[PDB]
*Asks:* 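Here's a structure for you.
Every chain is numbered from 1 and lettered A, B, ... according to where its sequence line falls, protein lines coming before strand lines. Order of appearance sets the numbers: ligands from 1, and atoms from 1 within every ligand.
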Amino acid sequence: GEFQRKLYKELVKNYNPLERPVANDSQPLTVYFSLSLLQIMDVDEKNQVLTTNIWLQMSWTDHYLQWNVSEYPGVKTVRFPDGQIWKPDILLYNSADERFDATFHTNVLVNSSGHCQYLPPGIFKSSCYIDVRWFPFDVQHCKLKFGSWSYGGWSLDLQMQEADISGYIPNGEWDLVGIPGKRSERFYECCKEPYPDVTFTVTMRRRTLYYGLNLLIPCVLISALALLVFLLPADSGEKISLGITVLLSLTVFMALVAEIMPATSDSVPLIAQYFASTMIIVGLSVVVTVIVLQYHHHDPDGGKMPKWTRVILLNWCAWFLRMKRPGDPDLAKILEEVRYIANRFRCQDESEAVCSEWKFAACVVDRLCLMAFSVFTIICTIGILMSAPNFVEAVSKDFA
Amino acid sequence: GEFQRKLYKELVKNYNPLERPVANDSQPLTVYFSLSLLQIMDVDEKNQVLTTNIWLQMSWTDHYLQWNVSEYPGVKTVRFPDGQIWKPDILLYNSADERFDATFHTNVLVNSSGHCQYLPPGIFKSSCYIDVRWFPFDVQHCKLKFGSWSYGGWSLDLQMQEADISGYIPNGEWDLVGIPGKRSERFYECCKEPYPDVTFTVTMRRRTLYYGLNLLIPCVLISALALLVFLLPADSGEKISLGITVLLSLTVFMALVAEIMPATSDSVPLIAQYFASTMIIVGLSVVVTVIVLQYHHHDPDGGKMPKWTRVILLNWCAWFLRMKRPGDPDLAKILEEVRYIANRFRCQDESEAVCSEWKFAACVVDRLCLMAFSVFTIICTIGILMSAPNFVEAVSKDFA
Amino acid sequence: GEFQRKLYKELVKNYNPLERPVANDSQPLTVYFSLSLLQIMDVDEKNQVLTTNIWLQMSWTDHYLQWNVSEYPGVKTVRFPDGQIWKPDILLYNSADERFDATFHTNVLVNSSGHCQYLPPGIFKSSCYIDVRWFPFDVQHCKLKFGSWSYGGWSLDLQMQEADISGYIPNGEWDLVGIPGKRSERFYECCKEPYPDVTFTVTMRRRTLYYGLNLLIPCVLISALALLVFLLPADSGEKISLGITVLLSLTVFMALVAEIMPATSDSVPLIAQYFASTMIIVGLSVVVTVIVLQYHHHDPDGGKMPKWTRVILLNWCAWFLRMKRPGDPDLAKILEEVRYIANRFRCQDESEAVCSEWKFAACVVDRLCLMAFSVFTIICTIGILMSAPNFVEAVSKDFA
Amino acid sequence: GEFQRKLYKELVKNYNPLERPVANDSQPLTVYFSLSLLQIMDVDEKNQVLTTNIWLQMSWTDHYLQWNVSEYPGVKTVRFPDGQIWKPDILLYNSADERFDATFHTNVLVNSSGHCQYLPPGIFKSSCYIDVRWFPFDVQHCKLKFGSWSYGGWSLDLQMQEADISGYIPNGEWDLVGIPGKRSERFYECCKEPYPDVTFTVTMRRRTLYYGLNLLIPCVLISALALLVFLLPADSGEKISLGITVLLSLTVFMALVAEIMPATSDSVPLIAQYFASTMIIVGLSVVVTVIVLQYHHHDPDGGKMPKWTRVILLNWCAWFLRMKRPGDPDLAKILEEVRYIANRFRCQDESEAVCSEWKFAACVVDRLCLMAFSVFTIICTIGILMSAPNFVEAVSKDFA
Amino acid sequence: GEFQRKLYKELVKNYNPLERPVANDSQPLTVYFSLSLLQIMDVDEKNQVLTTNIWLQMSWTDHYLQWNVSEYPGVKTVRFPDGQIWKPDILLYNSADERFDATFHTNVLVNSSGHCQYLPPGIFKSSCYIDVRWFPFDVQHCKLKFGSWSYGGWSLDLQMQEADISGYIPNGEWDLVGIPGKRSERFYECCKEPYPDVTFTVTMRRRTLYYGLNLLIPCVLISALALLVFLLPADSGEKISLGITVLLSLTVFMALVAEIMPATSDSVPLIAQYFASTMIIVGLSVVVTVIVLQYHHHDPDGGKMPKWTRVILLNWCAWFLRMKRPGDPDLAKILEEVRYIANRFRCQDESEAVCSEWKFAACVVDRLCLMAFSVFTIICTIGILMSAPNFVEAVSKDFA
Ligand SMILES: CN1CCC[C@H]1c1cccnc1
Ligand SMILES: CN1CCC[C@H]1c1cccnc1
Ligand SMILES: CN1CCC[C@H]1c1cccnc1
Ligand SMILES: CN1CCC[C@H]1c1cccnc1
């Protein structure tokens with residue numbers, strides 16, 4: 001259109017894109033900054049990197065891009081590309097992207113009264129501190145720091161508008177609690193001028209259904225299966241095999257799965273604590289299995305039972321568990337020979353009785369250890385899980 | 001040519017690439033937008049990222065790029081590169097690429113009557129919601145949202161043309177069901193102007209041949225082989241080894257293959273449910289194996305069976321399964337000694353008979369458990385698989 | 001030089017880089033397109049992406065870049081950079097690179113008679129269909145489609161010259177069979193103008209030495225050592241251990257190694273078929289081992305051998321395999337007592353006689369199944385391998 | 001503003017961005033270079049790559065960008081983008097990024113007296129030598145070398161200001177010791193001119209809580225559990241199983257975990273030394289277990305022990321460990337026959353006694369080797385861990 | 001300064017960056033090309049990609065960039081950025097980066113007599129053929145080809161200066177042997193003009209301390225521990241378990257670690273050959289263990305030993321190994337009964353003697369095969385290691 005073309009010709013006349021568009025130079029320029037979050041595309045615990053897809057909202061009044069709509073009847077808004085009009089140098093301070101600016105420079109809508117608008121999208125990659133102490137029931141606060149790079153408080157009076165999450169799409173792993181913001185002024189060793197900034201904190205809670213179903217439940221079930229080593233009769237040579245195979249499976253599990261955790265040293269993760277507790281339980285189970293096998297395979301001539309252990313293990317533990325406690329010269333020479341045979345048989349029977357008593361003591365120790373270990377692992381797992389905060393509310397929100 | 005050079009000289013005379021080419025500024029500009037899908041290169045279930053090779057189709061009428069062919073006899077079409085003529089700022093709203101615009105800016109052909117065409121290719125990386133509840137028999141709908149970034153409904157009246165899949169090449173993993181689309185107008189908190197957009201939904205079904213062959217069949221086969229623990233005679237100490245080895249192999253299979261699923265918590269995947277069912281079956285098989293070994297290795301002097309279990313396990317289960325149920329003074333002192341030997345032998349024989357009865361009870365329990373577990377696992381696998389919709393048609397298309 | 005500088009000044013005068021350099025605008029411009037394959041950098045079966053390092057070759061006559069060498073004695077060729085002269089917009093249609101154009105824009109040589117040359121290099125990433133049905137003995141045909149983007153048949157008459165592989169550096173994995181090319185005209189729904197293109201098909205054969213040494217041989221050898229379960233005497237209980245451990249090793253092998261295959265569903269790959277056959281063989285070997293152990297550990301009082309199985313297993317299989325088939329009152333009651341002990345011993349002897357017959361039957365079944373499984377695995381492996389085409393020629397080229 | 005626009009117009013009049021802004025060309029230009037470390041985002045031991053978020057600080061006096069504020073009442077500072085004013089070509093010499101320069105070119109603040117300021121951020125990726133001889137208790141010194149690329153001592157007199165870590169955020173894995181630096185002049189084979197540079201050395205210490213908890217503790221515990229093979233009674237048959245399973249688990253652990261060490265050959269890492277010691281201990285334990293099983297399973301008729309091993313193993317080791325040491329014609333023919341039976345029984349008892357003495361000797365060796373191996377492993381692990389320097393202080397800082 | 005600004009104004013007057021700066025156009029331009037290798041950042045055996053950080057050195061005489069220093073007292077050197085003065089289009093022919101030109105375009109210094117200098121750095125990624133036949137003791141020669149892209153011999157007379165490695169920082173993994181180069185002229189099918197090039201060959205040797213310590217030693221030790229299967233007494237059922245577990249661990253080791261070799265078929269790598277030999281040794285050991293178990297568990301009623309094997313295994317091998325070779329009517333009916341009992345006992349003793357002889361033969365076979373296998377494995381490992389060239393010098397340089 002003739003009017004649009006003439007207005008475009010007259011609008012850039014004597015216009016310098018480097019100049020701050022203010023009628024009075026001594027007065028600061030007010031820029032309203034906001035944010036429009038859409039997706040928490042990825043959060044990387046190991047690298048402490050937050051990746052989001054957001055739209056930055058900026059607005060300011062331009063003193064030179066004004067016209068009377070009566071003289072230009074058809075046009076009411078005009079769009080300027082990058083590098084043709086002044087734009088704020090608002091940057092993400094704590095950006096982790098290889099190129100510092102991840103915004104996609106788009107056009108700039110302009111009022112008929114000089115008011116401007118700027119909505120550059122972009123995949124923002126910010127470095128936020130990630131806490132894994134209460135993993136996976138942790139609540140993460142990551143901060144997005146936005147502020148003008150080379151404009152101070154006397155020049156660009158940055159202002160805050162509430163973040164908009166109307167277009168936000170739910171993430172399958174993280175539940176958003178809110179995105180509050182704050183505006184503050186900081187001094188720098190470079191210069192004697194304040195540099196106001198707008199910081200948006202992203203509070204997200206991790207959904208624990210997948211992790212609880214894939215890590216906690218299988219490991220708890222395998223630990224409960226490890227207790228089966230104490231129900232295997234000692235006569236079958238499979239207790240050691242079962243215990244060591246369970247331990248090998250679990251030690252493969254921890255190293256293979258719980259490696260996505262960052263190599264931080266701020267504190268021990270809850271999952272690490274619980275894996276360590278399970279490893280201790282399984283190792284002590286193997287130790288007790290070795291002790292039980294040592295008691296079971298005792299030589300009758302190796303040594304009699306000591307009085308204290310004999311009396312305690314055959315009276316007190318039996319009472320507690322209600323275990324059942326088992327239990328012419330030719331004739332002369334031929335008689336002597338058969339007497340020898342029978343005496344040897346009697347000695348064999350006495351040795352067998354001693355061995356049976358040893359086996360009973362071993363089985364009693366085994367049952368007592370099974371009960372104690374089951375109680376210990378139940379209480380330890382319950383306490384470890386309940387130690388983390390927001391555990392009950394997380395379960396109520398996820399499983400219920 | 002002289003005519004072509006003169007027309008190029010006269011075409012850009014007083015031409016502003018920022019101006020919307022409309023004869024009447026108060027009227028909007030009609031832009032026909034379409035899409036030409038070529039390949040679904042990659043869909044990332046874990047990353048919720050879809051990657052496709054597509055060509056965007058845009059066409060609009062330019063009021064300033066017109067000429068009389070009679071005055072330029074040889075030329076009929078001209079091409080302008082990027083940044084020399086006005087082009088719609090149509091962008092992919094839900095882009096997941098590091099740079100928002102993935103299009104490759106190509107030349108722009110022009111009619112002799114001002115009509116234009118624009119066919120920029122590009123590797124579009126859009127973020128779509130990926131549902132894995134019915135994996136691998138899931139049907140996925142992902143939306144590609146296209147619309148002008150800075151032009152509203154009063155300026156750029158975006159229209160729609162049906163997507164073209166004539167050049168589409170098939171994927172070896174996903175079967176296209178179609179690419180429908182819709183045009184809608186929505187408001188934004190920025191401005192009081194509607195912004196029409198065109199959204200193309202991609203409906204793709206996953207081909208399940210590879211997954212069913214490489215995950216389902218091996219796991220069902222190994223679960224069926226785990227039932228062999230109940231056909232092993234208890235006299236050989238290998239039931240526990242077989243069971244624990246099968247369980248370890250299955251837990252490695254799970255934690256090694258079922259990891260490409262995203263860590264979502266919307267719902268439990270079907271494959272996760274079926275792996276959990278298989279894990280429960282194998283664990284309970286190990287528990288029953290320990291029970292059978294406990295029954296088999298019973299001390300004769302430990303205690304007789306309770307009459308209830310004796311009668312039930314020796315009558316009812318035997319009848320149901322048609323089990324076969326097995327079964328001077330020198331002479332005086334020599335007499336007493338052989339009497340003692342024979343009495344000891346008779347006691348040994350009766351103890352052996354009791355032990356054999358215990359072994360029979362253990363074997364009968366084992367067989368009953370084998371039958372029950374086979375029925376349970378068959379019905380559970382069949383039900384879990386048949387629960388997912390479109391299962392039968394997926395099989396008919398893939399295997400048949 | 002003065003002459004060179006003057007010629008450069010006069011050559012750009014009134015030159016428009018957007019104009020097609022033709023004396024008669026109605027006459028199409030002839031562009032000779034060729035390719036210079038240098039390397040096959042990488043071919044990605046999983047992602048269906050081919051990566052090559054090639055030099056495109058273009059040649060066309062320019063009407064405006066001509067001069068008389070008599071007037072410029074010293075200069076005979078001139079080079080222009082990108083964006084200063086007209087260049088064909090020849091693009092790789094089926095490109096899979098994040099940016100569509102992977103070429104590196106270099107200078108353009110010019111004759112003293114207007115003839116031009118343009119050889120841009122680049123790492124080209126094309127989406128070619130990869131067939132893994134006969135993996136690893138497959139022959140892959142991948143197509144590189146080149147053609148002008150915005151120029152039709154009435155404007156840019158593309159012509160094909162034979163591809164040059166003179167500087168081709170052989171790859172250590174793939175053997176180049178040839179790079180034939182073809183030129184065709186195809187229509188588009190946009191426009192009523194043909195768009196000639198040049199398509200180069202890359203026929204490469206996979207060298208199978210590495211794959212046959214690292215995958216086929218170890219799996220065959222592991223199956224051969226899994227057949228050893230049928231040579232272990234049943235009295236020693238490690239048959240189940242050996243069989244299950246070999247099955248575990250093989251199921252780890254297949255999952256860990258045969259994962260570079262794409263998740264395609266066009267057809268079952270040969271390596272997948274062979275792995276499935278090996279899995280079936282090992283699982284059936286475990287089943288037969290369980291059956292053999294069940295026959296070996298049979299209670300003598302459990303039941304006599306059925307007549308049919310007894311006669312056939314002790315006559316027909318023995319004949320076939322030529323197996324060896326094994327085999328005052330005081331005195332009165334002392335008589336009665338010794339008679340009792342001897343009768344018990346005789347019954348005992350009959351008991352181990354029956355047990356030895358059972359063990360012989362189990363061993364005969366074991367040897368028969370060993371022979372059957374050996375012959376079956378041999379014929380299955382040979383047939384599966386020889387089913388794929390070009391097997392013999394591939395072996396003759398690689399190993400011989 | 002009118003004053004701002006006029007000043008911008010007059011400031012770039014006759015200004016060449018290529019010219020070094022100095023009043024006297026013969027005098028060098030003083031540029032104060034500093035650094036503002038913000039985060040140690042990632043260090044790559046395998047790739048010898050350091051990644052940090054830093055802000056470079058540069059300052060210099062410009063003789064052409066000066067004005068009298070009395071003539072421009074409102075403006076006091078002006079900002080110039082890249083490419084419009086002269087900037088130092090200060091580059092990171094040892095950069096490991098695909099593009100050599102990673103700085104984000106930002107605007108340039110300017111005084112009212114010509115003084116300048118330049119604060120370009122960037123994700124700096126540098127190649128620093130990484131020493132793993134004391135892993136994970138190592139202290140790393142990586143050098144960042146900054147200096148002008150094409151300006152010498154006579155032209156650009158680079159000066160140094162102390163690095164600022166006021167805005168530094170702690171890293172969860174590395175504890176910063178300090179960031180000292182030095183300025184030096186070094187010559188080049190190209191040119192007879194010094195090129196002063198500023199080199200910042202980053203001294204970081206690795207926090208060892210995570211590594212000590214996840215690698216040292218599990219491996220020490222597994223090694224301690226490997227000694228349980230010596231407490232297993234020899235009558236049971238799981239000693240070899242336990243030993244070989246522990247060795248397999250440990251080698252799987254080492255292969256899967258100690259792979260993020262770089263493949264350097266400068267020296268053997270401490271973790272590699274300790275893993276090798278553990279592997280040697282476990283292998284020698286398996287050898288000792290084989291020897292003990294050979295001693296335990298000795299045929300009585302195979303031959304009596306040598307007198308030397310007899311006396312030593314039954315006297316000296318027993319004393320040291322205080323182990324208990326176990327321990328008408330018809331009548332004639334009937335006597336002869338029963339005498340035969342009894343003599344055979346006596347010979348059997350003699351052989352049994354010899355075998356029991358063999359078992360006692362085997363158990364004595366087993367206990368002695370258990371004690372020796374426990375002492376050896378404890379001293380070896382303590383010595384290896386204490387060999388690394390700063391071990392005590394690292395433990396005190398992390399665990400205490 | 002005024003002089004510097006005036007010289008900058010006068011230097012670019014009538015200047016054309018496209019023009020070759022030569023006084024006589026017919027005469028070629030002499031460009032001195034060199035290289036300053038700094039670091040071998042990474043070499044990719046699998047990808048056949050060599051990554052180095054180098055500085056390119058170029059120098060040429062410019063006819064138009066000359067001035068009299070008397071007229072410009074202060075300035076003596078000037079710097080031009082990219083695109084303002086003519087630069088050689090020297091490119092890396094065999095590049096592998098996604099963009100062909102990986103150099104960073106820095107400033108260009110100029111003499112007071114027209115002599116120029118150009119030092120563009122960059123991370124150069126070149127495709128070099130990598131030979132893994134003698135891995136890890138291989139010596140790699142990779143070629144970096146540099147030459148003018150669009151300038152021939154008649155125009156740009158390229159000259160070579162020796163590569164500079166003064167600034168080289170030694171790599172931990174690879175030892176530099178030297179970087180010699182050559183200059184040659186090649187003809188291309190495009191043009192009838194020679195195109196001289198400079199090719200630098202990088203001769204690098206791999207330091208083998210890490211690989212020898214982490215692959216060769218563990219596998220040799222594991223094979224030596226697999227040889228322990230022949231010292232286990234056959235009475236303990238653990239030979240099969242030990243052998244199969246070692247084979248499983250080794251087959252995990254190979255497929256898990258020796259995967260960074262490329263899938264090349266030029267020749268079998270030394271490490272692959274050694275792994276194949278170890279696998280064959282372990283499999284044959286398992287076969288021999290199965291044979292020994294078959295001999296040990298022989299039914300005495302199965303059949304007598306063949307005379308040949310009896311005599312050879314009891315005489316020749318025993319002599320060679322010096323193995324010890326073990327070794328009124330009532331009275332009548334009581335006589336008959338006791339005679340029966342004793343006759344059965346004598347038959348039992350004869351059977352036991354036959355079984356003991358079988359056990360002796362099995363043990364002798366076991367010891368003989370142990371000796372043979374130890375000798376075979378030691379000779380095979382020594383020979384396969386010594387086969388590779390530069391083995392002794394690599395050992396002397398690394399371990400000594
Ligand atoms: C607040 N700004 C952003 C970081 C430093 C500071 C600054 C000061 C002067 C010139 N550039 C940047
Ligand atoms: C519809 N457009 C795209 C997203 C927001 C909106 C918009 C409005 C004004 C200026 N830029 C963008
Ligand atoms: C041949 N070109 C490449 C693909 C389609 C066709 C085309 C048609 C119109 C405008 N641009 C491209
Ligand atoms: C100090 N500069 C940076 C590295 C080399 C040196 C240099 C010398 C001459 C021309 N360019 C660079």
*Asks:* Of all chains near ligand 3, which one has the greatest contact count, and what is it called in UniProt?
*Replies:*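 The chain with most contacts is Neuronal acetylcholine receptor subunit alpha-7.
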*Asks:* Specify the drug or drug candidate at ligand 3.
*Replies:* (S)-(-)-nicotine
*Asks:* Which other chains have a heavy atom under 4.0 Å from (S)-(-)-nicotine (ligand 3)?
*Replies:* B, C
*Asks:* What residues, by chain and number, sit within 4.0 Å of (S)-(-)-nicotine (ligand 3) when only non-hydrogen atoms are counted?
*Replies:*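 The heavy-atom binding site is B:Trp55, B:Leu109, B:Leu119, C:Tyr93, C:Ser148, C:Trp149, C:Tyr188, C:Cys190, C:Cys191, C:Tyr195.
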*Asks:* Using a heavy-atom cut-off of 4.0 Å, name the UniProt Ca(2+)-binding residues of chain C that are that close to (S)-(-)-nicotine (ligand 3).
*Replies:* C:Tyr188
*Asks:* Taking UniProt's transmembrane annotation of chain C and counting from the N terminus, which segments bring a heavy atom under 4.0 Å from (S)-(-)-nicotine (ligand 3)?
*Replies:* none
